[PDB]
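Figure: varenicline in its bound pose on soluble acetylcholine receptor.
Chain naming here is simple, since letters A, B, ... match the order of the sequence lines and numbering starts at 1 in each. Note that ligands are numbered from 1 as they come in the structure, with each ligand's atoms numbered from 1 the same way.
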Amino acid sequence: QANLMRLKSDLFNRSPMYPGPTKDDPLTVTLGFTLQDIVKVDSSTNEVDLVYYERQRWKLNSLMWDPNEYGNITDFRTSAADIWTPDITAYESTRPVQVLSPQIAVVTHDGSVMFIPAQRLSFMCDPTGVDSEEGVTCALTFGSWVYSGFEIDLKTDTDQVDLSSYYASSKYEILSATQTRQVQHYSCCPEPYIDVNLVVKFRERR
Amino acid sequence: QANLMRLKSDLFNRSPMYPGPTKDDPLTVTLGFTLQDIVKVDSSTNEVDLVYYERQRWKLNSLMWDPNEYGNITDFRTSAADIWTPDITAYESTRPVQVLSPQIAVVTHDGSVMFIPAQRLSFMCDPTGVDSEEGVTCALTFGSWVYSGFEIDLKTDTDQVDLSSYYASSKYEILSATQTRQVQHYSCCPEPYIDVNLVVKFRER
Amino acid sequence: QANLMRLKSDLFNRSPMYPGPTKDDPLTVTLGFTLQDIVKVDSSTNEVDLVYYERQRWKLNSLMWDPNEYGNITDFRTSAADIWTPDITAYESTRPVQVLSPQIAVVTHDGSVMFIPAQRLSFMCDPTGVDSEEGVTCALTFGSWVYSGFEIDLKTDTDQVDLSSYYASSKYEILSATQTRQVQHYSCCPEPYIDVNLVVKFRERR
Amino acid sequence: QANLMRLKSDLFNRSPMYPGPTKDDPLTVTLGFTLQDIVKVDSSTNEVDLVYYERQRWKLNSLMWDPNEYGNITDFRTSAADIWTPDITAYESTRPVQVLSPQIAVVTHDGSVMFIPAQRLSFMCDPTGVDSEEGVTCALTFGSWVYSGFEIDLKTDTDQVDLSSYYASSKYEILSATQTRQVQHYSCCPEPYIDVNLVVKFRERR
Amino acid sequence: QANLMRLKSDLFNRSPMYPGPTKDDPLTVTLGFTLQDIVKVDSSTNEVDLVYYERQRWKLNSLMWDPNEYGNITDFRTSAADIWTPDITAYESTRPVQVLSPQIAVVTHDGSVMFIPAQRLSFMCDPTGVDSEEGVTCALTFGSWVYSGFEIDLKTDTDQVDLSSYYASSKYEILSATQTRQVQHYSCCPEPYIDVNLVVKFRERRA
Ligand SMILES: c1cnc2cc3c(cc2n1)[C@@H]1CNC[C@H]3C1
Ligand SMILES: c1cnc2cc3c(cc2n1)[C@@H]1CNC[C@H]3C1
Ligand SMILES: c1cnc2cc3c(cc2n1)[C@@H]1CNC[C@H]3C1
Ligand SMILES: c1cnc2cc3c(cc2n1)[C@@H]1CNC[C@H]3C1
Ligand SMILES: c1cnc2cc3c(cc2n1)[C@@H]1CNC[C@H]3C1
């Protein structure tokens, strides 16, 4: 309708796009994972394929507006390509990530954004021991590729990976799955980088 | 011709595109499935591959015209990218859905739209017992990814999946195939989301 | 060359693109198949891979010109994106079609266009009996996805499939291959649709 | 720098792109192949995978300039997308060709263009006898997909395929390889088409 | 915010893009490799699959600015598509490289650029002996596709490849990996071309 088209026109045409966070104006992204399925294990290459959602939230003043000035609209859907999004990357991936869902974000009048893409990922993981009762553990680090912790900071809402949607007939059952903020330095660069470490222990279902 | 060229110009360059449904102007999408073939079963990863087509219908006021003002044209075909389409998604997919058909829709003068994409889909399914005679049952949910039931509702015209085009020499025969609207809640959000549950019982032929 | 640049400019830059055929302005589209190779047969999924050319022909008034007014130019080549092309689709495909040739068409001064995309296609076919001498038969139906026979008058030139390019050393030899216009109705719509039925009889070469 | 940006501007922004050759203005394209590696052989489907360079050369008056008018610049590199390039295609491919190199041409002040993409090609080939000492022979025809002998002629600079940088540690070694111009009819068209026939004889290296 | 938006505007939208290096204005690109994983070895086709990232650095006069003129901005992240990048290519690749990371570069006020794409590469390599103690050695050649040494020169900051991030549970363990500038001629062309030669020695992880 008219107001929403007016609102989206204002936010996206009145101004050039948000150029990303800076040291002067850093951003915090809240990251949470929903694990759908461990689809595949490959012991000839030590790769494991994972289907999951990645819940992302951040807030920008450039996406703020007054609902009264727009027929009481307090939020809207929009293509993730219309707006800036964080370069959150899985560091142990072995193939380009595969997108499983539409890429549409919800923007709220207070400038907050929620974006939840579903993905399939192959990543480095030695599955040796997956057929035992103890199972095997693998770890994933999700973080910004190019922004240090002075520009993008990460946090979680919970330490528990959401398993409420996990496929009950998966070849693999999950014994535990956690998500933990952590920080490290890389050789190339002087500043610390922030990541959320996904640690998943699993085994062959029986 | 010039009447159609004028009408399309008067609809797509006339106004900004439809920004999608809202709670004040919700949209009901009608869905129907035609199952072409169960192509492949993988008992090592619990994936099944389906080829099907999905009939989508919906109606937008912004796509309306008086035919009399355009040489009596009552409907036209156009690229799906020229118009807004619903984000209907298979929730259990394990690979990006592969489109097999041109992405073209028909728009009628009353604003109604019909879009029928053919697709190959890999989804989550334990096919254990497909080699028996009782067969195996798998379930598939299709729904808007980002719109709740206050924004997009869904409907089916029939509970029967259309099987009149099913491959007679498929490696798998279909014992039953239903499509049912249902309401679900998800951990991230408090609102109800609507899906259409595709339940397919099948076995080796 | 200046004449051709000027010609393309007048045909494409001036008026908008042809919006496709309609009930008020039906269009004849001619189809012929040149079968190149049956690459692969999979009896675990009943899928067959075929490599072929699809010769497409049609004619538009909006693409006509008088050669006299353009240095006696009688034809040119142009990107398929510059013009309308028919949505011809293989109905029994199981994977997206893989394009093997450049997407370029030839336009002649009388307005006729020829577009010949080479393609690799996987489709449903039960190859039980391919190893015998009576061989196996498979049917494949090509047609517009969205245009009925009120809009597209689909036809072949000949009923014989062009086999003069078929790979002599293929794993599979062709016993017979026909191409025939047929009229079908579909559940969704009341209009009759036109397709070309491709029937191919083939066996393992020996 | 200044003079080069000015030259590229004057070439690409003043007049539009070369629209391709015609009957009355044909273009001769020179072609050489450099074989890098026969990567793979598939005897269940009669497909062979090849990695090669394709050296293309042609000349356009519309790409000529006076170097003295442009700071003694005699040539320059530019994205292949900024200029017209010929639609050379392998007729016997079974999968879309994969590009392995940047796609950048060199344009020289006399209007001559050199373009050398590296590619991987799956094509129709019977490897029956690849493990013998006499090896097996296969052939590949390369030509414009849509320009006939009236619009594009092809020539080779030599009859011999460049094998000087072939990969010494390939599963397959090359006994001989030739490239030869030939003229051919196709069922669709009365105009003959020119191709270059690549004939390669190889065997498994031991 | 506003200054950053204004700065990017002046660099990209006002001046036409850099047309690349020439003999008159040659360019030096510094390259360094960080090897994450040897995923796969195919002895039926002599291909090896490798996951690595590649650190690239160069400097352009045309990317310089005075920070006091732009709210003290000394650097910024920008899409790799917004700027010129070197056409560094693995010569031995057998598949198109698969990009694993966002394609975002960092540009600094002195005109220097840093770009670190992560990639999966399939390349030609005979892995015979990979299941032995002594292992197998393979060589990769990275260089410009179309610029000779008169237009693009290369260097490493060190001769030792970075192995400290190598996945410890790979199927394959690395014995050594070096990265060395080298000069070559090619049949088609009269000018020397520069590359960094990456030599990796590895074997199957056992015991
Ligand atoms: C700027 C541009 N790209 C970078 C890539 C990486 C890093 C910093 C970068 N800074 C370290 C952290 N993230 C991945 C690699 C290495
Ligand atoms: C806004 C944006 N993305 C969403 C993704 C999902 C959901 C709601 C969203 N709302 C729940 C339902 N649909 C899929 C997942 C979870
Ligand atoms: C408009 C848009 N899409 C359609 C898809 C199909 C059909 C008609 C359509 N009309 C029937 C015929 N062609 C393929 C399927 C079903
Ligand atoms: C116009 C457009 N496409 C064509 C494709 C081919 C041919 C002519 C064409 N002319 C014959 C020669 N080139 C490949 C096939 C057949
Ligand atoms: C200009 C344009 N393309 C080239 C391609 C190559 C070469 C030089 C080129 N110069 C030699 C070096 N790079 C790869 C091949 C061969």
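- Other chains making heavy-atom contacts shorter than 4.0 Å with varenicline (ligand 2): A, B.
- With respect to atom 10 (N) of varenicline (ligand 2), the closest heavy atom belonging to the protein is B/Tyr193 OH, 3.4 Å.
- The nearest heavy-atom contact from the protein to atom 2 (C) of varenicline (ligand 2) is B/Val146 CG1, 3.7 Å.
- Residue, atom and distance of the protein heavy atom nearest to atom 4 (C) of varenicline (ligand 2) are B/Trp145 O, 3.6 Å.
- Heavy atoms of B/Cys188 found under 4.0 angstrom from varenicline (ligand 2) belong exclusively to the side chain.
- At least one heavy atom of B/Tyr91 sits under 4.0 Å from some atom of varenicline (ligand 2).
- Binding site of varenicline (ligand 2) at 4.0 Å (heavy atoms): A/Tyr53, A/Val106, A/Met114, A/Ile116, B/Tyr91, B/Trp145, B/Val146, B/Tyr186, B/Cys188, B/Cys189, B/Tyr193.
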Write none if no such pair exists; otherwise list each N/O atom of varenicline (ligand 2) with its protein N/O partner under 3.5 Å and the distance.
from, atom 1, to, atom 2, distance (Å)
varenicline (ligand 2), 10 (N), B/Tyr193, OH, 3.4
varenicline (ligand 2), 13 (N), B/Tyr91, OH, 2.7
varenicline (ligand 2), 13 (N), B/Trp145, O, 3.0

